[PDB]
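Contents: one structure, followed by commentary.
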Number of protein chains: 2
Amino acid sequence: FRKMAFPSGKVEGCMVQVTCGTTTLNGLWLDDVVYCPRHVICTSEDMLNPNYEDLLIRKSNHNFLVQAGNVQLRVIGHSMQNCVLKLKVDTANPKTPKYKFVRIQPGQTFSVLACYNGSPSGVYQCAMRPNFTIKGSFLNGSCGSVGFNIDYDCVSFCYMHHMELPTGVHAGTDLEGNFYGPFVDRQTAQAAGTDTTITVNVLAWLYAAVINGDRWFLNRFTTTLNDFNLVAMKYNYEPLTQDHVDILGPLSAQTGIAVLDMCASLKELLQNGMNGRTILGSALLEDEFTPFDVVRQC
Amino acid sequence: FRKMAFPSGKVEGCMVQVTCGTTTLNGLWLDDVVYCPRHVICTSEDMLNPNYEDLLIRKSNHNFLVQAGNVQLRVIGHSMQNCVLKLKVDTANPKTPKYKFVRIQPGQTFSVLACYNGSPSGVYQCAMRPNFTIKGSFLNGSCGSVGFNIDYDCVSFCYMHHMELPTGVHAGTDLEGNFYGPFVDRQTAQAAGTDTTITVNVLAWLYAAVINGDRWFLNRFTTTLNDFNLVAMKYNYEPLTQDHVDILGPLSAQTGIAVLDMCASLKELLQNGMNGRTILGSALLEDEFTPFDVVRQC
Ligand SMILES: Cn1cnc(Cn2c(=O)nc(Nc3cc4cn(C)nc4cc3Cl)n(Cc3cc(F)c(F)cc3F)c2=O)n1
Ligand SMILES: Cn1cnc(Cn2c(=O)nc(Nc3cc4cn(C)nc4cc3Cl)n(Cc3cc(F)c(F)cc3F)c2=O)n1
């Protein structure tokens, strides 16, 4: 098993460049609106402690250079929604897919189309960490790149990239401009909270192991969810939610292994280690494959 | 530092479904020609031991059903080039990108657009193994999926997927229909030669590790190129050539770590193991990033 991204074509056709003065980043063109980080309105001297309200009042439509490739899109309206700028343009994007805006939970995965100057450059799968960062791969110029899932030709946009943190992890917003985590769009040092292991995804990976016949870790025990959650936190593992139990349903049904029985097998692995035995050819327990990812690849 | 694929939109626009009787798989539609594995002309019985020239002479254009999404493309000519069938259709693909067909060499990487019944499903990065297999992620229905690289809006197609071997690795052809490796397009158990590790790629990845702050494996030991290659060969690593050393030049300059100095680090890793430590989060030495892949991502 390896990480696989969604085909990126439906998002590639929406990527544009947005420039304000010399400040430049990526934007997302859906119907007749371009969405982008409001940080674009900052000059170099504004980036440290921007007053976005004061910065926006000084701007008019004609101060925004929006380009699809070399082709300018004329801006006919602008507004700010939390940390995203919405630029109304005079042309509806003919490549607009069916889409929605969603806000994801930690542990959920998504594909990232990394872009530079409005030009798509690469695609890879990412997971939202419990500390609301993502361990992405981004260079300078990537601000405004988006993350997404595709379900039955509908693109669910979930992430817009804003910044890199001092630890090298990445932070951003949903497409309504609300940050994941306790971050602000200022060029100031912001540390991520202490991270934890995504339990629901480790469990998904154990189910993937069982589906593939690697099942030595299945023990003869069960547990309650509450008991498991209390032990999990002692090992820096996330507690499971009721939604987590439910999204493990399909894998539990496919394998005949009750979710709480798998929890008991994982608890044994936390309290005793793996004894130099491997699971799916890996000595480490993978935590960036969701239950949906497992059924998708198997 | 992530495994990163090229944006797949230019290739998505070219995927179609090809069917002959009950047999169906993916094709690549460029201008007025659809390219697909010639295995599509086999019945269940033919697959086990096909005489392809015999099977093809017994086919007419009307025996080929090509579907592009909802629309059927009329076949007006057909021919065979090695293991690839070329179907002339009465319609040019308006989404045809600038493209070339290239045959890649062991160790080089490419993006795979995995498709099922003509519909793109996922994108990920692969390497051509020294034994001319690829460790892909492919399911039933993926026959005809292609691998590619993109340079300045030109798609270089390098791989067309044919089959999964008993070990779970994958085998295929270039777009002229010539297999990579000693395989044949027949449904019979086929083994590959013993694989080796792509040394220049391991070194590139070690540089990626240093660039991203992971330095524990460095040492003050030295080695000559020949003495490194003696140890590498002992451990079933491919030889490192002076061309490889030259290609690693930019990463040596960026990090200030001489190539032969990084060879001395790798030598110790081969001889001592990783002592339970990880590099870029991996417990094993990763060999599917080329030097160009590392430079581009870093
Ligand atoms: C290495 N890396 C990894 N991810 C990132 C993302 N990123 C970015 O692409 N750009 C940023 N600052 C800008 C500088 C500009 C210079 N010009 C001429 N134009 C520019 C546009 C931008 Cl956005 N930043 C920093 C950053 C961006 C924010 F949106 C924010 F709220 C705070 C920040 F500190 C950045 O992280 N780079
Ligand atoms: C698990 N897996 C991973 N990769 C693959 C690729 N693959 C494939 O997709 N299909 C194959 N056989 C077919 C059966 C069909 C049944 N119908 C109704 N239509 C079919 C079409 C195909 Cl192609 N194979 C097997 C295979 C395909 C070849 F092209 C070949 F030369 C030898 C082979 F043994 C397959 O490997 N499956």
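Lettering of chains proceeds alphabetically from A, tracking the sequence lines in order. Here chain A follows the PDB entry, giving residues 3-300 in order. Residue numbering for chain B follows the PDB entry, covering 3-300 in order. Method on record in the header is X-ray crystallography, 1.6 Å. Just so you know, these numbers use all the heavy atoms, side chains as well, and skip hydrogens, waters and symmetry mates. When a ligand or atom number is given, it counts from 1 through the structure's own listing order.
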Checklist entry - What drug shows up at ligand 1? => result ensitrelvir
Checklist entry - What is the name, according to UniProt, of the chain making the most contacts with ensitrelvir (ligand 1)? => result 3C-like proteinase nsp5
Next on the checklist: So, with a 4.0 Å heavy-atom cut-off, what else is touching ensitrelvir (ligand 1)? Just the chain letters, please.
Outcome noted: A
Item to check | Binding-site residues: ensitrelvir (ligand 1), 4.0 Å heavy-atom cut-off | outcome: A:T24, A:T25, A:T26, A:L27, A:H41, A:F140, A:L141, A:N142, A:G143, A:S144, A:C145, A:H163, A:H164, A:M165, A:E166, A:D187, A:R188, A:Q189
Next on the checklist: Please report whether ensitrelvir (ligand 1) has a polar contact with A:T26, defined as an N or O pair separated by less than 3.5 Å (distance criterion only).
Outcome noted: yes
Checklist entry - Which UniProt-annotated domain of chain A makes up the bulk of the interface with ensitrelvir (ligand 1)? => result Peptidase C30
Checklist entry - At a 4.0 Å threshold, what atoms of ensitrelvir (ligand 1) neighbour a non-hydrogen atom of A:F140? => result 1 (C), 2 (N), 3 (C), 4 (N)
Next on the checklist: Looking only at distances, can you tell me whether any N or O atom of A:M49, backbone or side chain, sits closer than 3.5 Å to an N or O atom of ensitrelvir (ligand 1)?
Outcome noted: no
Item to check | Ligand-side contact atoms (ensitrelvir (ligand 1)) for residue partner A:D187, heavy atom cut-off under 4.0 Å | outcome: 31 (F)
Checklist entry - Which neighbouring ligands or ions fall closer than 4.0 Å to ensitrelvir (ligand 1)? => result none
Item to check | Geometric N/O contact A:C145 with ensitrelvir (ligand 1), under 3.5 angstrom | outcome: yes
Checklist entry - Which atoms of ensitrelvir (ligand 1) sit under 4.0 Å from any heavy atom of A:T25? => result 19 (N), 20 (C), 21 (C)
Checklist entry - Which of the numbered atoms in ensitrelvir (ligand 1) are below 4.0 angstrom from a heavy atom of A:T24? => result 17 (N), 18 (C), 19 (N)
Checklist entry - In chain A, which UniProt active-site residue has a heavy atom closest to any heavy atom of ensitrelvir (ligand 1), and what is that minimum distance to 1 Å? => result A:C145, 3 Å
